[PDB]
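So, a structure with rifamycin SV in it.
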Amino acid sequence: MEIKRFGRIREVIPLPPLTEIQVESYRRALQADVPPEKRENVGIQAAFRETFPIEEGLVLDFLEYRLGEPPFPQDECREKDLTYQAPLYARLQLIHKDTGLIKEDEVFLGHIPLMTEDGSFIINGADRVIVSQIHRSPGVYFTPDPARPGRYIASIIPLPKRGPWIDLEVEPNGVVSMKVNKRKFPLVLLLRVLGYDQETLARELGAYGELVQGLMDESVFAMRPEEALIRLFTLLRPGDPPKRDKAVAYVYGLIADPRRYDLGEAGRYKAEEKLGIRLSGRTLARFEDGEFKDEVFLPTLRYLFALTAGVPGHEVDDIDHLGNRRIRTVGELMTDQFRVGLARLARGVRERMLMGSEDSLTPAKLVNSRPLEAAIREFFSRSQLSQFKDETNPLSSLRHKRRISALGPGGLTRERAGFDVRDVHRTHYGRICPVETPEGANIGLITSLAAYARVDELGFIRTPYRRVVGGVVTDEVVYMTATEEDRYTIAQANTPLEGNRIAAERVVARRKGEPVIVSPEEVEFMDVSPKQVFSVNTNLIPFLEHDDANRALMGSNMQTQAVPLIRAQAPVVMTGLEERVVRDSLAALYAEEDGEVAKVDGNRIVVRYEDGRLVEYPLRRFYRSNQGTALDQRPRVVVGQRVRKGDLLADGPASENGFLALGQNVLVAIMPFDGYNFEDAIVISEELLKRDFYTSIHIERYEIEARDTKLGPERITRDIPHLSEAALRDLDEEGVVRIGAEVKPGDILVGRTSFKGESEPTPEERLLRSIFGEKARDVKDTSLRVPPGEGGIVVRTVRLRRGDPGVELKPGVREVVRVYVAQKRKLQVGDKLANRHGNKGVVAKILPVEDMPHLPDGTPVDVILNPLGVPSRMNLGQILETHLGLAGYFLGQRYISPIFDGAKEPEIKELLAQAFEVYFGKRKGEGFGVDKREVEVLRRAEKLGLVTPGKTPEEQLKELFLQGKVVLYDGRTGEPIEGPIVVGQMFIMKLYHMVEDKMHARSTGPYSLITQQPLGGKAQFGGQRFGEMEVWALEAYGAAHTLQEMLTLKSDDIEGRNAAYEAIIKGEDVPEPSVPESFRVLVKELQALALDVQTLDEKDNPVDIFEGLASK
Amino acid sequence: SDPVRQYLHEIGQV
Amino acid sequence: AXXXXXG
Amino acid sequence: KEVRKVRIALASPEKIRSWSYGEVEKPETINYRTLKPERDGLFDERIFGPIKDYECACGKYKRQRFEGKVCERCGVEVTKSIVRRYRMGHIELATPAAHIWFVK
Amino acid sequence: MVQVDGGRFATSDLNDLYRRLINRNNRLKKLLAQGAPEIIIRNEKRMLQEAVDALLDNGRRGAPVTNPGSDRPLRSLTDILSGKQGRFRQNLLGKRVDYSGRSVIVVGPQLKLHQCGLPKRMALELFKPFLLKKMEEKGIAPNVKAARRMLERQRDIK
Amino acid sequence: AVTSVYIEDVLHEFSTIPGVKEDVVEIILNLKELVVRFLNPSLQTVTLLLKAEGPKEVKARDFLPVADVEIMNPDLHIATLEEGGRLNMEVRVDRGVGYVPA
Amino acid sequence: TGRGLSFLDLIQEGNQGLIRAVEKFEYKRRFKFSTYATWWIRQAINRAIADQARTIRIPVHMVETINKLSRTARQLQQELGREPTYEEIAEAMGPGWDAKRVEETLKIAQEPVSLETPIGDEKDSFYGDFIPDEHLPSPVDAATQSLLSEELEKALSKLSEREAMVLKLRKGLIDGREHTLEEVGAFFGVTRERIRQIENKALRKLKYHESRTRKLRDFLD
DNA sequence: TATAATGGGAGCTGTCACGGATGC
DNA sequence: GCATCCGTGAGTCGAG
Ligand SMILES: CO[C@H]1/C=C/O[C@@]2(C)Oc3c(C)c(O)c4c(O)c(cc(O)c4c3[C@H]2O)NC(=O)/C(C)=C\C=C\[C@H](C)[C@H](O)[C@@H](C)[C@@H](O)[C@@H](C)[C@H](OC(C)=O)[C@@H]1C
Ligand SMILES: [Mg+2]
Ligand SMILES: [Zn+2]
C-alpha cells in the first residue's frame, strides 16, 4: 500500500547510531584494535599506567597488554552457560635495583568479557546490559549556605571513591574552616603546609572585605611547613604517632597522590574553567623537590571570598544543571572495577616481594590474577548496573541500552531522593527525555537518552543545533554541552523558512531555557528537529502534541512491554521512526552490498554480492528470550531477487517488512457496550482469535540435575516405580520426553529416581506390606513434572553428561537435562492491551461476531473502546489516529505523521472525504439508496447540530464521516445506535502481562522451615500473604473466627491445619485452633535473648505451650 | 572506638 | 514499574 | 488451662542454665563426611534432641516403646524430633559479659 | 543447617555468630589456664564482649560483623525480631495463608451485587478437600485418596 | 474447514522445513484459508494429499484430486519451494459448525 | 588477613604461638628471640586458620590437601590461560589422583551459603524463604496415615480378637515393635507353630477381604 | 622447632525528621 | 536557657 507522508520539516542530519553510547564507550575502553604503541592513555591502559610501576628492592613494571580471541563464539556461550570473553595477557618486567637483573615475561591476567555487536554482554550464559550512570561531575562548586544567607559553601568533589569531598566554609567567628572526613579545621594551617606565607595571602586576598583577617593567625606562621604538617597530622589522626615521613605520606595520600586522589578529566577541565586557572595534574596539590606545592586551594579560597564580597563575574552553581552532571558509561564503570582489581593485585605483588626467595623470582611468581578476575567478575555478575537484558521486543533491548540510571554504587538511594533530583531541568532539552520514566518509586531517577543526544569524551550529554548566520540557516551542525547551550539564542525547529532564510519577522527562541520572541538578526542557532527533544519510545507516539505528558509517559513505557505476535503489523499511522529502530536493534537481517540472492530457506539465506563471493546468513528461529517471548527471523526475499546495499533480507521479531511491529491494526468503535468496557475494560471480537490476531509464541525452560549422593546416585531413567505405561507414554528410552509431544500439568518431562532416605517403616506400612506382599523399592520418583498452569509442546531437549566430550559440570553432578516447551497463546480474557497514547485495559469480553456493532455494509468491528477513558485522561492522539485510520482503512493506505510536524485536521478531512467516496459512491452504484435506520440516525445527528438541516441524506452522511463518525447497527437488535459513532483503525499492542501467567490458587502446599508458614510465590505453589492491613480489615469487620483461621488454622498451626484438613475431607466441621508455631519461635528467640516469656493464667500460674517437651 | 587501634596502643606502651 | 501500571 | 496473660522478665543465669539441656563446648556444626552433628557442637543431638522421631543417634532404640529413654552408648533421648525446635542450649563464659541491650 | 535441592548446604548467620563466641571464649579459657599476661587476656575479653554484642544485636556498637568476602552484615537476634522484615511485623501480625489464590480482575456486568465470577480451576483448587468429600459422597470415587489422585492430572478431569 | 495437518519430517508446529521458505506456523496459517467443497452430502471427512518438490510455488491445485471433492480456491498459495526443497503433506478437512479452536 | 579469620583473632592465636616460643626458647644458641618466635607464631596462626574459618569443620591435613589442589589448579590456569578440567588437575597432582578424586575433593570442600542472602534488589527476599520444610508431614500425608490406621482397624475387626491381636503384635501396631513367634506364643499360651499358623490364617482372611472390598488397595501407592 | 624479622588499614561522601540527651 | 550529637524511623500485594 501507498505510504503517504506529512510535514514540512526537513531534517538536516539523521539519528546517530543508537547503541553508539554502549559500543563506543566500551571500544574506547578496550582499544583492542589499537596496536600497543599507539594506545592513548585511557581505560584499562590507564589502569595499568596507574598501578605500575610497583616497588619495594625489586621493581615490577608495565610494558603493554594484549587481548586475545574468545575461546567460544556468542551462541555457543549462550548455550553452554559460559561468558563471552577474551583472554587478557600482560607484558611485565621484574627489575632488581642492586643486581641489575632484568626478567621479562607475559603473564596471564584472566579474562575480560566482550561486548557483542548490538552493544550487550553475555555473562554466565545470560544476556546482560550495562546501564550508564548519571552523577555529579567532579570539579569545584559554590553553593548557597542554607543556614547563613549572606555566606556560601565551597565544595571540591573528585571522582567516586577516588578520595574525599572537601568543604570550605566561612565560620561565624570569622575563621575559614575546611571539612575533610567529617573533620573541621582552620584552612590557615593547610595553607601553611603548602608553603604559603602571610605576605602572599595578604597580597592575594587583601583586596576583599577583611574576610582575609579570619585567615590571619600568628601562631600558624610561627611554625615552618614541617611543624604545621605534624600539627595537622595530630589534628586528623588522634592516637596515631606523629612521625614526619608518616605525616608526609598521609597528607600526600590525601591530597597530591594521583594513585589515590583523582579528579576526572572532566573535573580537571571544569575546575580550570570555573576558577579561571590551569591545572598541571588532576590533584589539588603536588609533592615537588621534597616539599608541597599548591595548585588548587588558593584559587578556590580566592573565588570563595570573591563570591562572598559580591564581586562581579562570580556566581553560585546549579548542581542539577546538565553541565554539572555527567554520565559514567560502560567503559568507565568497567575500567573503575579493573583499577580496583589491579590495586589488589599490586598489594599482593608487594606482599609477595617482601618474603620468598630474593634471587629467583619472575613476574609470573609475583603476580596472582585472582583479585582482578574476582573484581571484574564481581562487576559483571553482581553489580546493580549490570542488568538482565530486557528482551521482550527489540525496542526493549534498544531502550535498555539507552537507559540513564541515577542509582547504583556511588549513586543515589531512593527514600533518600528528593524532588529536586527527580525534576526535569531546563537543560534536559535535547539531552534527556522529559517524558519516559517510571510511575513508581524510581520516577525521575531512571531516565532515557534523547534521540539526537550524545555523550562526549568527558561524559557530558550533548545535543545538536544548526548554525544561523545573519538570518541564514546553514547545514553546519554543532553539538553542545548545556553550559555552551546557555551562551546562545536558539530558534525553534518549526519556524518558517524559505530556502535557507528565516521567513518570519518574529521568531520563537530560547535563552538559557527561557522562551523569548526575537528577530532573525538575533538568532545564533536553530533546533535540528522536534525529534531531538524526546526519547526513542516517545518518538514512536504519533499525534503526541495532542496527548497530556502523563499519558504520553504511560504509552511510551508500555511499548517496551509489547509482545511479539506471529501476525504482527506496523502501525497505520507511524512517526517515520519505525524503520530505524528495527535497523539499529539488529533484529532484522540486511544486505551488505549490492547483489543477487542465491538461496532462500526458512533456516537460511544465501547471497552472492558484486564481489562474486557467497555469503550465507543463518536465521535465528524460535529462540527463547529472557522474558520468554519467542525471537525469530523470517526471510522477506526470494530466489534470484536483485538487492542493493541495505535492502531487507530477513524480518526480525516484532517487525513487518523492516517496520517496527508492536501489535495489530484493528478496526475500533468507540462506544460504551453493556457495561463490559466499564472502567477501562475492553471488548474484543472473536474474529480476532479466528484469524489469529494478537497470538504470540512463548517458550519456557525446565531444568533438572541428577547428582551423586551419599545414599547412592540419582539417575535419569524411564524406569519409574509405581507408574503405568499411560504415564510413561511420551517418554523415550532414556527417560526424556520426546520432541513434539503435547505436555499438560502433571505430565513427566524428565524421569528421575533418587535413592530413598533411610526409612523406618511405620507399623501400618509394615502390616500393609505383609498384606499385599510387595517389596518396598529402594528408589523413589523425583521426576521433573510440568508445573500447575503450565504446559505446551516440547520443542527441544538438551542433555549434558559427565564423562562426555567437552562436558564438565559443577562437582557432584552426574548429568543435566533441559527441556524447552513452546506454547502458542491466543488472546484471552484477562490479557492486557494498550495503545501508544496511554490507553490501557484488559479484555473483559469476547463476543461472537454477530453480537458485534457493525457498519451498514455488514462489516463488524474488532474492538469496542469506552469513550469515558478519553476525557479524564486527556489523550486526544488516539482520536486523531483513529480518524486518519478510518481514512486509511477505506483508501487502503498508511501514513507517516511525525511528532509536532504532522497531518493536521484539514488534510485528514480531505482523506476522509475520499474515503467517503469509496465507502458510499460504490453503494449508490450498487443500487442501494439510504436505509431507514440511517434516516433515523440522521434525524438524531441533525438534532445534535452535527449535520446541517435540509441537506440530502448523502450530504449529511458525508458530513458525519468527515467528523470521523459513521452509522452503526447493534448486532443483537439490528436497530441502529441512536447516535453516529466514531469508528476507525487503531494500533493496539498486547502487553506482556498475561492472565495465563498470573492466575494461581492453593489449598495446601509447602511450608517454610523456621516460621512453618506457607511459602510465597506462584512458582513455589505458595499462599497469598495476609498482611497487617488485611488483618486490620478483618478486625474492622469484626470477624473474629475468620481472622483466627488466617492466623492459626490456615497457616503455621501444625496440629490445627492437619486436623482441619482431615476434618474437612471427613465431612466434619473444623476443630478449635491452637497456638501458632511462629509464636513458639518468638518465645524461644526471646529466651535466646536472655528474656523469659511466660504464658500464665489469671492465677498468674505458668501455662506450658511447649507441652513439656522444652522442660527437663 | 576501634579495637585494633586500642590494642596497638597498649602494645605501643611496652 | 509502579503507580497505576505505564511500567 | 486457658492463657489469660503474658509475662516478660530478665532471666537469671541460673534460670538460663535451667533451660539448657547441655553446654556447647565446640564451634563445630556437622561432620564434613557423615553429615551428622558433632559432639558438644551447635547441632549436637545429645543436647537439643533426636533428628529422627523415636530413634537415637546410633540406632540402638528405634521405637516409641522407649520414650524418655536416654541411650547409654550414643547419649541421645528418644522422642518426637520436634523437640529440636524447643530445646535451648547454653555457653558458659570465662568472664561475665554485659548484655548489649541494657548497655547501649 | 539444611541441604537444598542441589546437594548443597544453607545455614543461618546465628551459627557463625555462635561460632565466633565459642571460639573466642575457649581461647580465653586456654589463655587463662596458661597464665598469659595482661594486655593479652584484656584483648581476649574485649573481643569476647564484642562477640556477645555481635550475637545479640549486630552493628549496634561499632562496625557490624560481616561474613568473609561480603559487605553484608550478619543477621542477629535483634534484627530477627525488630523491623518490617522482623518476626513481629512479618510473621506475627501477618501471615501467608492456605486456601487462597489470586488473579486478574475483569468486570462482570451480569453479576448481582453479592456475586463474583470465579474461574473453575481456581475454585477447584481452593475448595479441593470439600470436592474430594463430595466426590466420595457420590459414586465418582471409592475414597478420598482415589479422588485426589484422580484430580492430580488435568487429563483425568471429567 | 481443515482440522488437521501432517508433514513428513515435521514433529510439531514450531519447526522449519529445509528448502521451504515458510515456517510450519505460516503453512498452517495458509492452510486455514483453504476452501474445500463436498459434493457428497454423506461425506463427513476428507484427507487431501500433497506431494511436491524442486523449485516451484506450491498452490492449492497441487492437491491430489478426490472423488466428490472440489477446491473452490485453487490459486491459494501454500508454500514456496526451493531447489531440492521437498514438501509432503496430508491434510484433514471435516464438516463442522461454527468456530472450534485446535 | 582475608584468609577467613579476623585481624584480632589472628593476633590472639599468634600470641598463643608467642607463648609457646617463650616456653620452648633456649638462649644458649645465641639466637635473637625473633627468629625462634616467628616459627611458632606462624605455626599457631596457620593452625587457627585451618581449624576455624570453615563453618563445617574440616581436618587440617585435608585443608592442606585442598589448598594444594587450589595452588595446583591456579598454576595450571596460569599456564593454560583457561580453567583446567578435572583430568588436567589430576595429572598435575601426580599419581593416585584421577578425575574422580579431584571432583570428590572439590565437592567435599564446598562451603555452605547463608539463608539470609538476599535474592533481590530490595530488602524483601531472603533465600531461606524459598526453602520448603521436608521434615514435618503435610496435612494430606497425615490425613492419609490416619485413614490408613482407621481402615486397618476396620479390616482387623473382621477377624477374631485372638488372631487380630496376634497380627497386631507381630507387625507392632500395639507397642510399635514386632514380637517374635516365641513371645506371641508365650503370651497367647500356644506353640510358635500354632501362633504362626493363626497369623497365617488371619493374614489369609485379610487377603480374601481385600480381594473382596478392595478398600486397602489405594493406600499401597 | 633456631640467620633476623617488633604499631592496620580503608574510609566513601546529593534524606530529614527528628526525637530525647549532652554542652557553654 | 539553646546549639549540637547519636540512634531510629521512613506504604501495600506481586516477582525476584
Ligand atoms: C541488577 O539490577 C536490578 C536491581 C538492582 O538494585 C537497584 C538498587 O539498582 C538499580 C539500578 C541501577 C537501576 O537502573 C534500576 C532500574 O533502571 C529500574 C528498577 C530498579 O529497581 C533499578 C535498580 C535497583 O533496584 N527500572 C528499569 O530499569 C525500567 C525503567 C525499565 C526496565 C525494566 C526491566 C523489567 C528490567 O530491565 C529487568 C529485565 C531487570 O534487568 C531489572 C529488574 C534488574 O534485575 C536484574 C535481574 O537484572 C534490576 C534493575
Ligand atoms: Mg595422576
Ligand atoms: Zn543410641
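In the text below, chain A, chain B and the rest are named by the order of the sequence lines, each starting its count at 1. Not the full deposit; the contacts listed refer only to the portion displayed. Remember, it's 1-based here, ligands and their atoms both numbered in the order they're listed.
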- Query: Where in this structure can rifamycin SV be found, counting every copy?
  - Reply: ligand 1
Which chain accounts for the largest share of heavy-atom contacts with rifamycin SV, under its name in the PDB entry? DNA-directed RNA polymerase subunit beta
### Message
Mind listing the other chains that have a heavy atom within less than 4.0 Å of rifamycin SV?
### Response
A, G
| field | Name given to chain G (PDB) | value | DNA directed RNA polymerase sigma factor A
### Query
Which residues of the other chains approach rifamycin SV to under 4.0 Å (heavy-atom distance)?
A:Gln384, A:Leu385, A:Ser386, A:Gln387, A:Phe388, A:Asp390, A:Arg399, A:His400, A:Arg403, A:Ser405, A:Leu407, A:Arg414, A:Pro438, A:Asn442, A:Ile446, A:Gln627, G:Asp121
